[PDB]
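Heads up: chain A is whatever sequence line comes first, chain B the next one, etc. We're sticking with the PDB entry numbering for chain A, so the shown stretch reads 1-427, in order. Here chain B follows the PDB entry, giving residues 1-441 in order. Quick note: numbers on chain C are straight from the PDB entry, i.e. 391-735, in order. Counting starts at 1 for both ligands and their atoms, following the listed order. All values below come from the heavy atoms of this structure, side chains included, with hydrogens, waters and symmetry mates left out.
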Amino acid sequence: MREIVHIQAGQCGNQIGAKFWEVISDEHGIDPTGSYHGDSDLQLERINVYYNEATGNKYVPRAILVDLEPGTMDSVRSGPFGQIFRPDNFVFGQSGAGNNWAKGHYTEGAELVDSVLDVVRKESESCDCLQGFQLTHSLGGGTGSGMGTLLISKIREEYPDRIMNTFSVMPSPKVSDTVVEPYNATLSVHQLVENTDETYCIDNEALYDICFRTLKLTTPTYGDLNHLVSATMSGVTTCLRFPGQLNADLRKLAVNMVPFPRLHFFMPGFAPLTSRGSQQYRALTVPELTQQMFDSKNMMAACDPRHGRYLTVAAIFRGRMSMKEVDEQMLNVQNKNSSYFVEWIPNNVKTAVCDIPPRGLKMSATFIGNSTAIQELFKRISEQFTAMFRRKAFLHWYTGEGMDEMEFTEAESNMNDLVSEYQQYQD
Amino acid sequence: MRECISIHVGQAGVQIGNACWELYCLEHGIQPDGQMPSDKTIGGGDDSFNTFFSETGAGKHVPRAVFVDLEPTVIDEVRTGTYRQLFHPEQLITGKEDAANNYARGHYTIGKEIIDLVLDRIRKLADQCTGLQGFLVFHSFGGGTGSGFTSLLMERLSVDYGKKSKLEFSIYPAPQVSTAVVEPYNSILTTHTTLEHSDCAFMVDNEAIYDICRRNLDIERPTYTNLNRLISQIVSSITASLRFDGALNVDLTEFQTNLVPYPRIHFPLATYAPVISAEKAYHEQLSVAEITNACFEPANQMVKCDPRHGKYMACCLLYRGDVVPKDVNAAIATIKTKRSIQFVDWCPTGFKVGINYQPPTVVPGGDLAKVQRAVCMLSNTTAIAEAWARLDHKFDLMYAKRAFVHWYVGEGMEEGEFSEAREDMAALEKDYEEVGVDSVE
Amino acid sequence: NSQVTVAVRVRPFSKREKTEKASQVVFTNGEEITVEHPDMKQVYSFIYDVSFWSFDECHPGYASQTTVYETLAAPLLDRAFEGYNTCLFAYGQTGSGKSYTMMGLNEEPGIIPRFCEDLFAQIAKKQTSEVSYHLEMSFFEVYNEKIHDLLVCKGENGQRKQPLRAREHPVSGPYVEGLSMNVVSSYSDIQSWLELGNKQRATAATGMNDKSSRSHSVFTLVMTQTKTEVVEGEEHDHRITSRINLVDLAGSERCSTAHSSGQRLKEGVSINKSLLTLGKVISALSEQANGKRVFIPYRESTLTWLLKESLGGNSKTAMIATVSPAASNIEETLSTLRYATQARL
Ligand SMILES: CC(=O)O[C@H]1C(=O)[C@@]2(C)[C@H]([C@H](OC(=O)c3ccccc3)[C@]3(O)C[C@H](OC(=O)[C@H](O)[C@@H](NC(=O)c4ccccc4)c4ccccc4)C(C)=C1C3(C)C)[C@]1(OC(C)=O)CO[C@@H]1C[C@@H]2O
Ligand SMILES: Nc1nc2c(ncn2[C@@H]2O[C@H](COP(=O)(O)OP(=O)(O)OP(=O)(O)O)[C@@H](O)[C@H]2O)c(=O)[nH]1
Ligand SMILES: Nc1nc2c(ncn2[C@@H]2O[C@H](COP(=O)(O)OP(=O)(O)O)[C@@H](O)[C@H]2O)c(=O)[nH]1
Ligand SMILES: [Mg+2]
């Protein structure tokens, strides 16, 4: 069977995974004891896609938690859904990163990565046919960027035939939740694009705008933000777990959504989203979901596709629905909004359908899009970056830990070349 | 005595098989447990006809087919579903990984490890048969298993068996609609390998059946359970002369002799005119003339190819139910009388006829109605070149930039093969231009 | 400005094939190179900017080993004396006589020795008490996108093959960290280095022949012009540098026909990826010469990323492709022609 290993690094990845597992357990019927209390039987057919088995008909996930300070791991443990994780996989150390991408990539990250690989090998060798890996990590920060990229580099050499996904939380335009966003994110991108297959570029301003406009919430906490990313992560790996009319999986999307290898930076999206009151005055059909998905007030990438041409698009729907509706509405989208699509690719869209939806919805949908808009996420960084690097603002905290100025100009040129690569297909 | 092995490669082929082995098992009275309630009562007969279904001594009837998908999501619905006790447990559920919609994966990477078992099950059946004629290979352009793997299977069946029939039902790609972006690449790399080895490869389009369903049956929201049944009716009409008894029996060796003039133009189309609902089943006489005029009517064909944009070469017409040949004669006269239907200047005959006395059966929970008679038209045209060109333009537009190629080289496709295959499809697009010309004395 | 100067060379029959009676399938008409099957149906015709028809010694336009040099390389060496970097390529499956064309024989030299000797001869003619010419070299290889140096010896162990890494300088350009560079004043020096490099190179059998090549191999020459010129203090040595490159690529290897499995499959995959990227590079460069504005993806392969500053810019590139005229080898010969053709357009 196809099987995923879920690594998660840092204050973002731990807090995300602690809800993603709390979402998958609801879908497959697992409780905080690890025991099955479901109602149907399709929940056990492919539970080995994520979980492993135990003695007393319990299930334990394939989670690898790799922080560099226990302040967050001690929050998962003392939570609702923490007692199921394998205690030999709460990997961590001390002497935290301090939001220094060097401390988590050369000095205090190499002293712990081998311990992570000692778990990855155990959790891969005990799997029949691995499909790939996952990762949840925040650029700009420390451990999640550095140790995450190091784990990616050290996995891509041992398991290159497989898939490596990263649900990156990229930096945001307006407000900086960390002062060293560019200098870390640039070097994370420089290590991701050469050594990844599909990374999903999430941003937090977009999720604020979503939770405020659509869901009509006044107090959006991060437990509500991650609660979205989890849905997307489930929607991606749905046909790998449940059946449908037209199946799909990670590698099919990687073939269809990656024309050339460097261009695998996607905008995700989930539907249907609505307020607890405004659910009485909306219809549940394919075109409504499609309207909500192809709109810019749902994409988590913090970047408007209307500034760009779509290169390739995917859609993963879940529910007993018709195929003609999908194959008609997508054609209609390509016909009316042609200027937002390329021409040297005649069909820029694909579909996938499952027949087991989410716990409370008659039908759902999920959206992935490669777009030339996302250059603005990096064009900004290379603007934010060089203005600091033109006169070496914060650089002494990185040369001190075993680096050099060449390793910055490398990424600065790579990102700009990628911006050119994307701009080639804009006019 | 007259058997045909059905091979079902991919999700498409397997769902179509779930429809076909529902229709067939309803016809002959078989229950999904594999049993006959009639043979225990009357005490005789072979209505569970031995073309499709085998038989052991305990009073069971096992089919003559094998499934292969390179993924366990589909066949584990059969194993865990309604038809679990009928099939032999040797269905190939080699569910390591899909072909990633990559022809390279399903032709060398995951095309091995699965083939030398598939051939060791097609051979146990052929040694169980006495007068075998055919290999009905359901597959689907675009998919990786359905394209690489089907082509690989054709290469294996043309070396080991040889002087046999090897047919293909296939979902030709819709021109506008698509569930993938690299459908054309796989299609073109398939028709370069499924050409010298196959004998007659039928073709359909899901867009055409979608347009049929919402204009004949009055269904605005259909799905594959409402399409694969019509495909099953096509396959039943094609494979009825071997099961039941009628006046004019048309075997499977008669198609490739009458519809394939040259060995490279074996790509006909299929249609089935009565697709009317119970309400529309009344208010209409259902005579041979109406049907035979509907099978040539555009908007009832099963490929988005306006045949008025081209000429025909041959047309087989397999009928079912209460048909009298006098009416077929009158209808063919009426068709050859018209001018909108051009025929070639070297096939004035242009017709084969086949009749069977059995009516078609009604699947419960279905959309069609009960008919006293039914029809299936196989038709070879020079119109289908339009779609090969529409499919080649896409290939060229993407192979100029050379997109989606690093995934194919990553599994063992060099660089020449995309260029080499596309030069083999120009010859086929040129042959169709040759045959359309009228000769000179 | 950037040019590509594609060319093709057809070898004549070997003694092996003249005995075994190998058929003829490739013919010429001036700038047309046609490929006729034995009896199949039809013919393909290919146009190239340059063509070399070494089938018959008595045909017109016989392209001997001298005319191969006086039509492709010598412009690169009369352009490298100006101060520009140059890159000459090579592509052909084993048996088409790449080695006969580049290195050659003791009595029939290829391109390399004539090139180096014309160089060293022009030096002494072009040398004074103020002007000089210093030449250092290198010889490295690519294996599964991993760089490797060939001049240094390996120990008697499992392996001493250290995978050096590529880096980007902000001004000069990309380079390798740890690349040994040695000096030359006579061609015997370079011969003594290549006679060790090609021994240390990767090579193996898959299903057809025991001696093959499974790794790209670059041979670089750095050339300098330390000239002293000023009438104030006899200083201000205005020095110019030039980078010549003569790479020897590998076969493309349809894997199915060979049933590759293990440490051959990876190699074929990586080789074909490098070929595909190099194709895009050359095509987009030729399109850039016509005034367009496009993106050259050097970064998708180590070889191009280590030659960003030798192909693009005010440099010159060159390519000669080898093919056999026999009928036994016709699926591996049509590929070469289609490859170089797209490299031309
Ligand atoms: C009466 C009713 O329909 O309740 C709905 C509901 O009100 C709405 C608003 C639900 C509700 O979700 C939210 O309001 C919400 C939105 C953003 C962040 C946090 C919460 C709901 O809470 C969420 C919940 O979502 C689900 O469908 C699954 O239960 C959900 N499971 C979980 O996320 C989960 C989390 C923790 C513990 C257990 C389960 C899910 C969704 C996608 C994939 C897997 C699981 C549902 C139907 C509802 C409620 C419960 C009100 C919606 O949920 C989703 C994910 O689509 C929000 O918009 C949809 C539309 C639903 O109508
Ligand atoms: N008519 C019909 N077509 C189908 C059905 N299921 C899939 N298809 C067609 O199949 C095409 C895609 O190929 P796949 O269904 O994936 O075939 P496959 O063998 O599974 O290929 P892989 O997914 O790569 O393994 C789509 O364009 C559909 O039109 C079906 O149930 N009925
Ligand atoms: N969505 C989300 N983002 C978070 C959360 N916690 C931190 N972040 C983001 O992560 C970044 C800070 O990096 P951090 O995780 O502290 O560095 P690390 O501990 O080394 O991984 C900021 O951009 C935050 O917006 C969370 O719970 N949810
Ligand atoms: Mg499939």
**Q** Which drug molecule is found at ligand 1 in this structure?
**A** Taxol
**Q** Per the PDB entry, what is the name of the chain that shares the largest number of close contacts with Taxol (ligand 1)?
**A** Tubulin beta-2B chain
**Q** Find the other chains whose heavy atoms come closer than 4.0 Å to Taxol (ligand 1).
**A** A
**Q** Which residues, given by chain and number, make up the 4.0 Å heavy-atom shell around Taxol (ligand 1)?
**A** A:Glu22, A:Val23, A:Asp26, A:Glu27, A:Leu215, A:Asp224, A:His227, A:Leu228, A:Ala231, A:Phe270, A:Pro272, A:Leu273, A:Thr274, A:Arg276, A:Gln279, A:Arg359, A:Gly360, A:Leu361
**Q** From the structure as deposited, which residue atom takes part in a covalent bond with Taxol (ligand 1)?
**A** none
**Q** Using a cut-off of 4.0 Å, enumerate the other ligands and ions near Taxol (ligand 1).
**A** none
